[PDB]
Amino acid sequence: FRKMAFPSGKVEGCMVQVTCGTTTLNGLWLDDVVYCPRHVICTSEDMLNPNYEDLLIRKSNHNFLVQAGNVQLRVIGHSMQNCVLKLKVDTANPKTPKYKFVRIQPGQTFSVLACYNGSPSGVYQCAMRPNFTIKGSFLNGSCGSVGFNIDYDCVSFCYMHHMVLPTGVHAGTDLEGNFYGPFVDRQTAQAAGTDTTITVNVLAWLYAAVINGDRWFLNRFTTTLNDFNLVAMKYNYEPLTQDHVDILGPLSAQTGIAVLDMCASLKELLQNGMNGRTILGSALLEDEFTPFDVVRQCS
Amino acid sequence: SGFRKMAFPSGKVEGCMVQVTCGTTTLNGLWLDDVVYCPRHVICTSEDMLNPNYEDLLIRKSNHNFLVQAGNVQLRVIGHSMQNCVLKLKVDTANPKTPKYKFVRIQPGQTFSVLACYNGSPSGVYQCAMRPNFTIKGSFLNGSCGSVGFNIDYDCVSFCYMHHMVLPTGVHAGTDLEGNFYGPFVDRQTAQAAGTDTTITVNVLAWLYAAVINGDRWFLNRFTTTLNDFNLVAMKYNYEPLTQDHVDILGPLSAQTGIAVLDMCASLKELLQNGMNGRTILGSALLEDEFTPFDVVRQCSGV
Ligand SMILES: *[C@@](O)(CO)[C@H](C[C@@H]1CCNC1=O)NC(=O)[C@H](CC(C)C)NC(=O)c1cc2c(OC)cccc2[nH]1
Ligand SMILES: *[C@@](O)(CO)[C@H](C[C@@H]1CCNC1=O)NC(=O)[C@H](CC(C)C)NC(=O)c1cc2c(OC)cccc2[nH]1
């Protein structure tokens, strides 16, 4: 098993750069709107303690430089929505894919198209942690890079990059500008809460192991969802929700192993350990593959 | 900040993928200018693939025997030749989205991005390394043949891999875009083993430097080693020898971190002899060898 990103071309065709003063970052051009982090309006000193409503009052359309490559797109309107700026431009992007804006849950994965100066640089798969950070790879100039999933022909954008934390993980918003987690867009060191293991994804991984004939860990027991959640929390594992149980449905049907029987197997692995054994060639339980990723790599 | 297995953006390649069908055999092709490149075993029937005389099988085909679909459009084949294990279909239409490109044959230990495709449709993109035994640890399913591997520099796509085969061990084998396999493999329907799969030492060292740049030094030690004494231990553990060129190529990472290359060699020697003792590096419980020094430099320079 490996991390696989979605093909990035539909998103590449939407990346632009946005500059205000000497402050430059990336934006997302869909139809005639460009979406970007609102701190582009800040000088470096402004970002220490910004009052964004007051800073924006001092800006007009003609203070925003939007470029597709080196080609300028004239800005004809602007507004703030939470921590994102929306710049209306006078050109509808001919490369706009079918798209939606979605807000994901911890545990869900997405592809990040890391960009610099409006130019796509690399693509990789990330998982939203329970503490609402991602382990990205981002350098200066990466803000406004986006994360997304592709379903059929539709790009679902879920993430726009804003922040690195002192621990070197990343934080950002959805495309309506609402941060994931307790973070704010300020030039300040902010701590993320203690993280936990993504249980639903570990279960998906165990189903993947079974699909491939690696099933020594299957035990004879079952559990209730409540009892499992209480045990899991003592091992720093997330509780399962009903949605988690439901998204495990297809893998449960494919293998014939009920979700709560697999939970009882995992409980035993937590309580008793691996006994120097491996699962899918690994002593670590992997928690960054969703049930969809498992299906997507097995078929 | 951070270090992740990263692929190049795939859009320039997506615009070149098409579907090639001959008989009941369908796989992917690569459409550049007015030529479509694909694995020649498309011309094969199920019975042919056991021992295909490709020159014999190809001469019996006509241009119209090849159905090339690009999205909803069918491209008319107006010529066809064979270059080793790659078929070259001349089409009457030049692909308008052809990027600047070159064909290159990659060296073992180098990385490239793979755009996995099915029925001419891009499905996923990931980074691989060409292993010392000339296999790649890919993710490919039925119908993935003709998927390509590439690197991008500025605006130029260097195609280096086209996919053909899975081995019994689950690793993968393919050719360059001149149709020559990497490794001792053959495009016939047989179970093939690779040579011994050694570890790309210069890459493990780069990844250790990446781990240091990202704040983890638990594996470092106060010891050093000579290059030869390191290589003696490395070869004992089925690692490739480190050459002076590798040492030099690691210079920028050594400069950035302040850790002499042979001091990092002494760290790796200790990891090989003692193991990792349940600890992890950059989240991995194994020594990773599929990032090149340049992969690390481009993600971690300045951090
Ligand atoms: C965007 O490029 C800014 O436009 C930038 C992305 C980071 C640069 C290096 N890697 C990244 O992911 N974001 C920032 O520089 C933000 C700007 C905010 C939104 C105004 N700043 C931080 O992420 C930042 C500031 C501080 C800090 O201060 C003090 C102390 C510790 C961490 C930290 N992160
Ligand atoms: C191509 O899509 C075929 O067009 C296909 C890709 C593999 C399918 C499963 N995963 C893959 O990477 N390649 C093949 O099916 C090739 C066809 C050759 C080039 C004629 N064959 C193999 O991959 C192959 C055959 C055998 C085998 O036999 C008998 C025994 C064991 C492994 C094996 N692989």
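Chain letters: A, B, ..., in sequence-line order. We number chain A the way the PDB entry does; in order, the residues shown are 3-301. Going by the PDB entry, the residues shown for chain B are 1-303, listed in order. Both ligands and their constituent atoms are indexed starting at 1 by order of listing. Values below: every heavy atom of this structure, side chains too, minus hydrogens, waters and symmetry copies.
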Engineer: Which partner chain accounts for the most atom contacts with ligand 2, named as in UniProt?
Structural biologist: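 By the greatest number of contacts, it's 3C-like proteinase nsp5.
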Engineer: Which drug or drug candidate is found at ligand 2?
Structural biologist: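 PDB records call it PF-00835231 (bound form).
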Engineer: State which other chains have a non-hydrogen atom nearer than 4.0 Å to PF-00835231 (bound form, ligand 2).
Structural biologist: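 The heavy-atom check gives B.
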Engineer: Please report whether PF-00835231 (bound form, ligand 2) has a polar contact with B:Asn142, defined as an N or O pair separated by less than 3.5 Å (distance criterion only).
Structural biologist: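 By distance alone, the answer is no.
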Engineer: Which UniProt-defined domain of chain B has the greatest number of residues in contact with PF-00835231 (bound form, ligand 2)?
Structural biologist: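 Chiefly UniProt domain Peptidase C30.
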Engineer: Does any N or O atom in B:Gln189 lie less than 3.5 angstrom from one in PF-00835231 (bound form, ligand 2), N or O only?
Structural biologist: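 Such a contact does occur with PF-00835231 (bound form, ligand 2).
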Engineer: Answer yes or no: does an N/O atom from B:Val166 fall short of 3.5 Å to an N/O atom of PF-00835231 (bound form, ligand 2)?
Structural biologist: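 Between B:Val166 and PF-00835231 (bound form, ligand 2), an N or O pair is found under 3.5 Å apart.
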Engineer: Out of curiosity, which residue and atom connect to PF-00835231 (bound form, ligand 2) through a covalent bond, if any?
Structural biologist: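 Covalent partner: B:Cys145 SG.
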Engineer: Okay, next thing: which UniProt active-site residue in chain B is closest to PF-00835231 (bound form, ligand 2), and how far, heavy atom to heavy atom, to 1 Å?
Structural biologist: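 Going by UniProt and heavy atoms, that would be B:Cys145, 2 Å.
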Engineer: Write down the species the deposit gives for chain B.
Structural biologist: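 The entry gives Severe acute respiratory syndrome coronavirus 2.
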Engineer: PF-00835231 (bound form, ligand 2) and B:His163, any nitrogen or oxygen pair closer than 3.5 angstrom?
Structural biologist: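 Yes; the residue has a nitrogen or oxygen that sits under 3.5 Å from a nitrogen or oxygen of the ligand.
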Engineer: Please determine if B:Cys145 has a nitrogen or oxygen closer than 3.5 Å to a nitrogen or oxygen of PF-00835231 (bound form, ligand 2).
Structural biologist: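 Yes, at least one N or O pair falls under 3.5 Å.
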Engineer: Using 4.0 Å as the cut-off, what other ligands and ions neighbour PF-00835231 (bound form, ligand 2)?
Structural biologist: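 By number and name, none.
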Engineer: Just wondering, which residues come within 4.0 Å of PF-00835231 (bound form, ligand 2) on a heavy-atom basis?
Structural biologist: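 Heavy-atom neighbours of PF-00835231 (bound form, ligand 2): B:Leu27, B:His41, B:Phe140, B:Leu141, B:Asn142, B:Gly143, B:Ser144, B:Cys145, B:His163, B:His164, B:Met165, B:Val166, B:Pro168, B:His172, B:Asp187, B:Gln189, B:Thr190, B:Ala191.
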